[PDB]
Colleague: 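Opened a PDB file with metoprine bound to Histamine N-methyltransferase.
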Amino acid sequence: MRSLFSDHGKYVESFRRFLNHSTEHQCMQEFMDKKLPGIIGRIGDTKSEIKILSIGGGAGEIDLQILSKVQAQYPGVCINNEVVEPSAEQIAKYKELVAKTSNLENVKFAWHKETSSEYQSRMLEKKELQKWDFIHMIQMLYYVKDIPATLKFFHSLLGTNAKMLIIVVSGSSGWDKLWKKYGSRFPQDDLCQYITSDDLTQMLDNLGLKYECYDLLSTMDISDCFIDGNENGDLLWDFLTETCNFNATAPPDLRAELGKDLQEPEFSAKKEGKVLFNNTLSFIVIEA
Ligand SMILES: Cc1nc(N)nc(N)c1-c1ccc(Cl)c(Cl)c1
Ligand SMILES: CN(C)CCCCSC(=N)N
């Protein structure tokens, strides 16, 4: 039983089934349209340049939505958007997207193929720390080894009136229930750990930082998960379990258990002839 984190194989294909089967994207887009404006309201006050740091930037969809809200709030102001991302593949697509968008003149990008850790250490070696007006870590803390040091570090880079935004699954989502109850019966991949908003808020309370946490409901249609032999439903099985071919490798005593739970009022809600795994997201805003 190997971790789906296999890398650029079943991972990607399973991920895709996750996107085209959940409101993951719409959920974040809804937050950027209704809450982001208020949040970035003063990050550029008194400045002739706005510095934005994207950790785990990814492909850039949401990144681009963020810039747009920042731009309408600060017409004419140059923006400097740096991106910290380890995967060349992700960087390639991010670049492609930029070259197709046309409202990006006052915006200059720079991409760095490295991890947030390499960034952290490599920046602790130079001179004094460069400050940022806005930093964001969207769905990537799962891949960080030392979360506390990471949160203390990046918070120390926040300039005057600056804000840091972080997004992970909610402590009240199905994932939370899925990991607590079956977390150890799933392949241990030291490349990623389980993290919910509960864990994050406790680490933030302990670090003594001031934050605000908003939850927003999202779902993942796992209807194909109850249709024996459904090849797509099997795909979702791999993403959830973080295991390749979960259906054909997992103890008959394991899956048999999951079936009953992936339907309970804690894991998923049922309606319209559908089963919707709870994908609630958390948006934490950390003040400088
Ligand atoms: C929920 C989730 N959501 C997103 N947007 N990306 C992910 N990579 C995960 C995920 C899936 C399985 C495990 Cl084991 C862990 Cl740590 C994280
Ligand atoms: C979707 N998934 C393959 C990989 C994401 C890694 C961003 S890692 C970082 N900045 N330490």
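In this chain, numbering begins with 1 at the start of the sequence shown. We read in the header that X-ray crystallography, 2.5 Å was used to get this structure. When a ligand or atom number is given, it counts from 1 through the structure's own listing order. Only this structure's heavy atoms are used, side chains among them; waters, hydrogens and symmetry mates stay out.
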Colleague: Tell me where in the structure to find metoprine, all copies included.
Modeller: ligand 1
Colleague: Distance under 4.0 Å to a non-hydrogen atom of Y143: what atoms of metoprine satisfy this?
Modeller: 8 (N)
Colleague: What part of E24, side chain, backbone, both or neither, has a heavy atom within less than 4.0 angstrom of metoprine?
Modeller: side chain
Colleague: What do you see: which UniProt substrate-binding residues in chain A have a non-hydrogen atom under 4.0 Å from metoprine, if any?
Modeller: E24
Colleague: Which residue from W175, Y142, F186 reaches closest to atom 11 (C) of metoprine through any of its heavy atoms?
Modeller: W175
Colleague: In this entry, what is the source organism recorded for chain A?
Modeller: Homo sapiens
Colleague: If hydrogens are left out, which of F277, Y194, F18, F239 has an atom nearest to atom 14 (Cl) of metoprine, that is, the closest non-hydrogen atom?
Modeller: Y194
Colleague: How is the binding site of metoprine composed, by chain and residue number, at heavy atoms under 4.0 Å?
Modeller: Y11, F18, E24, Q139, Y142, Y143, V169, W175, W179, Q193, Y194, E242
